[PDB]
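What follows is a deposited structure in which one can find acetylsalicylic acid.
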Amino acid sequence: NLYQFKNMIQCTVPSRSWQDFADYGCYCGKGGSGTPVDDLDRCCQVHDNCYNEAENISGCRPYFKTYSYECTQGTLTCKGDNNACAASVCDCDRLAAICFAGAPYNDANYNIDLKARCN
Ligand SMILES: CC(=O)Oc1ccccc1C(=O)O
Ligand SMILES: [Ca+2]
């Protein structure tokens, strides 16, 4: 679920407030269309796409599904007790968190005008 995703972010990127990733580029946060503005936005595009794919699983709701995961000593793990939906969503989130940690953050791309620049 989003609360868990937020925690994954806090875990792999402890140097930025999680909010910094909540409204960035065309894909990070609410937005979900257009051309990704940079490598960080591409992380979010793939993440959004990953959620769309999981929604195909009957009864699978990525924003709300609680999965089983651990973040200890610099390592994020999705656990084995996850059903297909939970496993898929956990991996979507895990891969995005890792992606965020390796991507450059451009303050200029935070809170951009989605209606004008992302369609
Ligand atoms: C806005 C939202 O509900 O989810 C997110 C939180 C942090 C980063 C990205 C997103 C997203 O939906 O793309
Ligand atoms: Ca999005």
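Chain A is numbered as in the PDB entry; the shown residues are, in order, 1-15, 17-120. Looking at the header, which is where the method is noted, we find X-ray crystallography, 1.9 Å. One-based numbering, in listed order, for ligands and for the atoms of each. Hydrogens, waters and symmetry mates are skipped; everything else that's a heavy atom, side chains included, is used.
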Worksheet item: Which numbered ligands or lettered chains belong to acetylsalicylic acid?
Response: ligand 1
Practice prompt. Determine the main partner chain of acetylsalicylic acid by heavy-atom contacts under 4.5 Å and name it as in UniProt.
Written response: Acidic phospholipase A2 3
Worksheet item: For acetylsalicylic acid, which residues make up the site at a heavy-atom cut-off of 4.0 Å?
Response: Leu2, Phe5, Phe22, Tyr28, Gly30, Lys31, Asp49, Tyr64
Worksheet item: Which other ions or ligands have atoms closer than 4.0 Å to any atom of acetylsalicylic acid?
Response: ligand 2 (calcium ion)
Practice prompt. Can you pull out the closest protein heavy atom to atom 3 (O) of acetylsalicylic acid? Residue, atom name and distance to 0.1 Å, please.
Written response: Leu2 CD1, 3.0 Å
Worksheet entry | Nearest-contact summary for atom 9 (C) of acetylsalicylic acid - protein heavy atom, Å | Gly30 N, 3.3 Å
Discussion item. I'm comparing acetylsalicylic acid with the native Ca(2+) site: which UniProt-listed binding residues in chain A have a heavy atom within 4.0 Å of it?
Written reply: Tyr28, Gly30, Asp49
Discussion item. With respect to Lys31, determine whether any N or O atom, backbone or side chain, lies less than 3.5 Å from an N or O atom of acetylsalicylic acid.
Written reply: no
Worksheet item: Counting from 1, what acetylsalicylic acid atoms have a heavy atom of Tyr28 closer than 4.0 Å?
Response: 13 (O)
Worksheet entry | Subset of acetylsalicylic acid atoms that lie under 4.0 Å from at least one heavy atom of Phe22 | 7 (C), 8 (C), 9 (C)
Worksheet item: Which organism did the depositors list for chain A in the deposit?
Response: Naja sagittifera
Item to complete: Could you say whether the N/O atoms of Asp49 and acetylsalicylic acid ever approach to under 3.5 Å?
Response: yes
